[PDB]
Trainee: 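Before anything else, here's the structure in question.
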Amino acid sequence: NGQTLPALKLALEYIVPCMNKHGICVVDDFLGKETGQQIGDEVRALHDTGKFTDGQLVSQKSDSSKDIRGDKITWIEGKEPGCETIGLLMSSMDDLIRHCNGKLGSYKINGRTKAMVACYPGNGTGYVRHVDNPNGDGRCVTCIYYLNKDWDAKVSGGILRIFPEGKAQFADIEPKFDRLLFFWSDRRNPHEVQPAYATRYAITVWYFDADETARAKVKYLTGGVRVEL
Amino acid sequence: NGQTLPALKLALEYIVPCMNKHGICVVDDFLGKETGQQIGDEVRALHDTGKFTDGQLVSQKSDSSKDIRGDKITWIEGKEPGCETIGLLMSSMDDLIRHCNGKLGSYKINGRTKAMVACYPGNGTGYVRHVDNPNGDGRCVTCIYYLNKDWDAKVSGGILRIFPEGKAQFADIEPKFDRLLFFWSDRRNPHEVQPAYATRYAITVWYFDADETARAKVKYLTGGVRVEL
Amino acid sequence: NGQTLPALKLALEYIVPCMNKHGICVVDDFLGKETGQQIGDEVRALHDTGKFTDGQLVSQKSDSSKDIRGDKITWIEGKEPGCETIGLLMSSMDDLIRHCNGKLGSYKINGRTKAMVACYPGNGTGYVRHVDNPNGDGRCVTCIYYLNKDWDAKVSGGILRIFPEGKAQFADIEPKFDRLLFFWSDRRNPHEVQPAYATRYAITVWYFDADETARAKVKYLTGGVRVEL
Ligand SMILES: O=C(O)CNC(=O)c1nc(Cl)c2ccccc2c1O
Ligand SMILES: O=C(O)CNC(=O)c1nc(Cl)c2ccccc2c1O
Ligand SMILES: O=C(O)CNC(=O)c1nc(Cl)c2ccccc2c1O
Ligand SMILES: [Mn+2]
Ligand SMILES: [Mn+2]
Ligand SMILES: [Mn+2]
């Protein structure tokens with residue numbers, strides 16, 4: 001956990017060396033309290049005004065009134081009314097990555113996703129062990145920003161547990177307010193979200209490597225590079 | 001087989017309870033004869049003016065003049081010249097689904113496909129056993145409208161056979177004129193089209209669940225949620 | 001290796017019979033020297049001005065300064081400044097295919113990709129054995145144009161080796177200047193690029209079959225045939 005808006009020093013003296021050594025980097029106090037609170041207010045307002053999905057279907061029985069649903073999501077561009085501070089976070093994330101370019105592995109980052117805002121509703125659901133990009137879709141770095149004030153995992157659960165490749169250990173990350181996490185999106189970092197027993201919010205952006213994305217366009221072929229005659 | 005343009009009673013008293021109990025619902029006389037005949041005329045005109053593909057490649061030998069092809073398709077938005085009544089069918093299907101919303105399982109339907117018009121040419125080809133959505137691409141309900149007047153499966157074949165999960169039985173559906181079929185698109189309903197020995201037309205729309213579709217955008221990643229820096 | 005801008009005779013007397021018999025067709029002197037040299041100049045200028053990716057990641061060790069990268073690519077529409085002659089090549093390829101239509105197997109070609117320009121940097125990397133379209137994504141014909149003057153595979157490597165299905169033999173194709181290659185994109189033609197020890201350029205376009213592409217839209221579902229309610 002390194003310590004932070006100014007961040008070139010953070011990128012060059014902490015994020016780049018940490019990513020190249022461990023593949024997992026945690027920055028605490030990324031935006032500061034005023035800004036982090038504004039983002040949390042925007043995300044709660046999206047939740048309270050019904051902009052999230054109903055949640056991943058976790059258990060489906062004969063009676064659909066008992067169906068259990070987990071993580072809820074919404075995709076945010078950063079330009080929508082009421083999402084301007086999420087947009088500021090995304091710009092901040094983008095400036096950090098730009099300052100790392102050419103220094104994160106041998107990747108050359110040239111694109112990203114929209115922001116994926118996730119809400120674990122606090123009903124004991126988590127997210128199963130997975131790899132974000134197991135099949136070469138172009139995503140090289142996962143970046144998550146957490147929004148949960150005074151989170152106490154001893155009673156609320158919700159820890160991100162990463163299983164770094166080749167090492168016999170876990171890396172456990174609490175989803176703390178104003179924490180920014182980076183990790184390699186491929187099979188080097190399988191991970192899971194342990195059951196959350198309180199409402200838990202996070203915002204994820206994935207960053208794309210230019211070479212991997214260019215050749216993915218053949219595999220994930222759409223109309224895309226398909227055109228008329 | 002329930003019985004039908006007015007249809008809120010049909011949705012609430014038949015379609016919703018049948019889908020939640022059996023996963024497979026058949027509505028006969030959905031649009032009535034005048035309208036059903038107009039749709040059939042539009043589809044035959046698309047066929048006769050060459051708008052369908054040449055058909056699924058079924059057998060490919062050394063000599064391509066003998067290649068066997070099966071089902072032919074065309075994708076219809078519903079706004080094209082000469083497709084206005086298909087467009088009316090799609091609007092009718094959409095109004096029905098809207099009246100079911102929140103009541104079909106725990107799904108929240110927020111999108112659909114264009115209409116897939118299919119023609120089995122009558123040369124003994126059918127469609128192999130499959131699941132429509134086996135990998136979580138967002139499609140929750142399959143809706144098929146049939147256009148075949150006086151169909152007699154005893155001589156023309158072409159029955160849809162569904163293999164509902166967990167039950168040791170078949171559900172056999174004849175592709176009858178003005179019949180509308182609903183079934184869950186996932187692995188609950190593997191199905192096949194038995195060999196058709198007469199020209200057989202159907203129109204399919206798939207309906208998307210909001211949560212499943214939102215998270216599919218990560219799996220089926222395109223430029224999509226991918227954007228520039 | 002048949003012999004060539006005029007080419008209807010080439011399509012009808014050589015390409016069509018060769019593709020239907022062998023699945024692999026080589027045309028030498030396709031555009032002639034003046035035009036081929038102009039294309040090579042355009043491709044080298046894209047390389048020299050940094051328009052290619054950094055190359056397929058081949059070896060990734062703990063230290064990313066030693067990472068080995070292979071083939072570099074760029075996607076070209078044919079209308080960009082400085083790509084007009086690539087655009088002429090693409091138009092030439094498209095006119096040839098149009099003159100074959102209905103005669104290549106039972107396919108009906110109705111679309112293509114943008115041009116994929118590839119550069120093997122000459123560092124001993126090649127491309128592993130693969131099939132271009134193994135899963136039914138609509139691509140029926142692969143068309144490659146080579147740009148390498150006085151290529152000598154005895155010292156530079158870089159041969160395309162195809163492993164035609166059912167036959168116990170290789171088909172070895174040198175990546176010669178102004179050579180145009182056609183082959184079926186599916187599992188009939190697994191192939192590899194043997195290690196290249198000099199800079200090696202090629203331009204690939206894939207051609208889509210109408211039926212296979214229409215039904216791929218269901219499998220590779222995007223927002224695509226997905227639309228709002
Ligand atoms: O929230 C966290 O600490 C870690 N979360 C994830 O790893 C995560 N990963 C994916 Cl791929 C999805 C994908 C969809 C919805 C939520 C996700 C999620 O929370
Ligand atoms: O027509 C029928 O009763 C049932 N047909 C299908 O189940 C069906 N399913 C798919 Cl996924 C396709 C897909 C492509 C073309 C035709 C299809 C078809 O008829
Ligand atoms: O260059 C050649 O002779 C043959 N090359 C290929 O077969 C080839 N195939 C694919 Cl699918 C890719 C795909 C991405 C980049 C380069 C490729 C390549 O050179
Ligand atoms: Mn993840
Ligand atoms: Mn089906
Ligand atoms: Mn290839």
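Residue numbers begin at 1 in each chain, while the letters A, B, ... track the order of the sequences. Read the numbers this way: they start at 1 and go in the same order the structure lists the ligands and their atoms. Side chains included, hydrogens not; waters and symmetry mates left out as well; all remaining heavy atoms used.
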Trainee: Help me out - what's the drug at ligand 3 named?
Mentor: FG-2216
Trainee: Tell me which chain touches FG-2216 (ligand 3) most, using the name in UniProt.
Mentor: Egl nine homolog 1
Trainee: Are any other chains within heavy-atom reach of FG-2216 (ligand 3) at under 4.0 Å, and if so which?
Mentor: A, C
Trainee: Does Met116(C) have a heavy atom less than 4.0 Å from any atom of FG-2216 (ligand 3)?
Mentor: yes
Trainee: Can an N or O of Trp206(C) be found at a distance shorter than 3.5 Å from an N or O of FG-2216 (ligand 3)?
Mentor: no
Trainee: Can you name the atoms of FG-2216 (ligand 3), numbered from 1 with element, that are less than 4.0 Å from a heavy atom of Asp132(C)?
Mentor: 9 (N), 11 (Cl)
Trainee: Can you tell me if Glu192(C) contacts FG-2216 (ligand 3) (heavy atom of the residue under 4.0 Å from the ligand)?
Mentor: no
Trainee: So if I count the atoms of FG-2216 (ligand 3) from 1 in the order they appear, which ones are less than 4.0 Å from some heavy atom of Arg200(C)?
Mentor: 1 (O), 2 (C), 3 (O)
Trainee: Under a 4.0 angstrom heavy-atom cut-off, which atoms of FG-2216 (ligand 3) come close to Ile73(C)?
Mentor: 15 (C)
Trainee: Tell me which UniProt domain of chain C holds most of the residues that touch FG-2216 (ligand 3).
Mentor: Fe2OG dioxygenase
Trainee: I need the atoms of FG-2216 (ligand 3) closer than 4.0 Å to a non-hydrogen atom of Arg215(A), numbered in the order shown.
Mentor: 14 (C), 15 (C)
Trainee: Heavy-atom contact under 4.0 Å between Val218(A) and FG-2216 (ligand 3)?
Mentor: no
Trainee: Of the residues in chain C that UniProt says bind 2-oxoglutarate, which ones have a non-hydrogen atom under 4.0 Å from FG-2216 (ligand 3)?
Mentor: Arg200(C)
Trainee: May I ask you to list the atoms of FG-2216 (ligand 3) that are less than 4.0 angstrom from any heavy atom of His191(C)?
Mentor: 7 (O)
Trainee: Could you check which of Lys217(A), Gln194(C), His130(C) puts a non-hydrogen atom nearest to atom 6 (C) of FG-2216 (ligand 3)?
Mentor: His130(C)
Trainee: With respect to atom 19 (O) of FG-2216 (ligand 3), which of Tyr146(C), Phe183(C), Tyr201(C), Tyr120(C) exhibits the smallest heavy-atom separation?
Mentor: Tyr120(C)
Trainee: Which other ligands or ions, listed by number and name, are under 4.0 Å from FG-2216 (ligand 3)?
Mentor: ligand 6 (manganese (II) ion)
Trainee: Counting each atom of FG-2216 (ligand 3) from 1 as listed, which ones have a heavy atom of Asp71(C) under 4.0 Å away?
Mentor: 15 (C), 16 (C)
Trainee: If you restrict chain C to its UniProt Fe cation-binding residues, which of them have any heavy atom nearer than 4.0 Å to FG-2216 (ligand 3)?
Mentor: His130(C), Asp132(C), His191(C)
Trainee: Would you mind running through FG-2216 (ligand 3) and noting each atom that sits below 4.0 Å from a heavy atom of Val193(C)?
Mentor: 1 (O), 2 (C), 3 (O), 4 (C), 5 (N)
Trainee: Just curious, which residues make up the binding site of FG-2216 (ligand 3) with non-hydrogen atoms under 4.0 Å?
Mentor: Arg215(A), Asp71(C), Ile73(C), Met116(C), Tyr120(C), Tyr127(C), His130(C), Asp132(C), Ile144(C), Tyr146(C), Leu160(C), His191(C), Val193(C), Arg200(C)
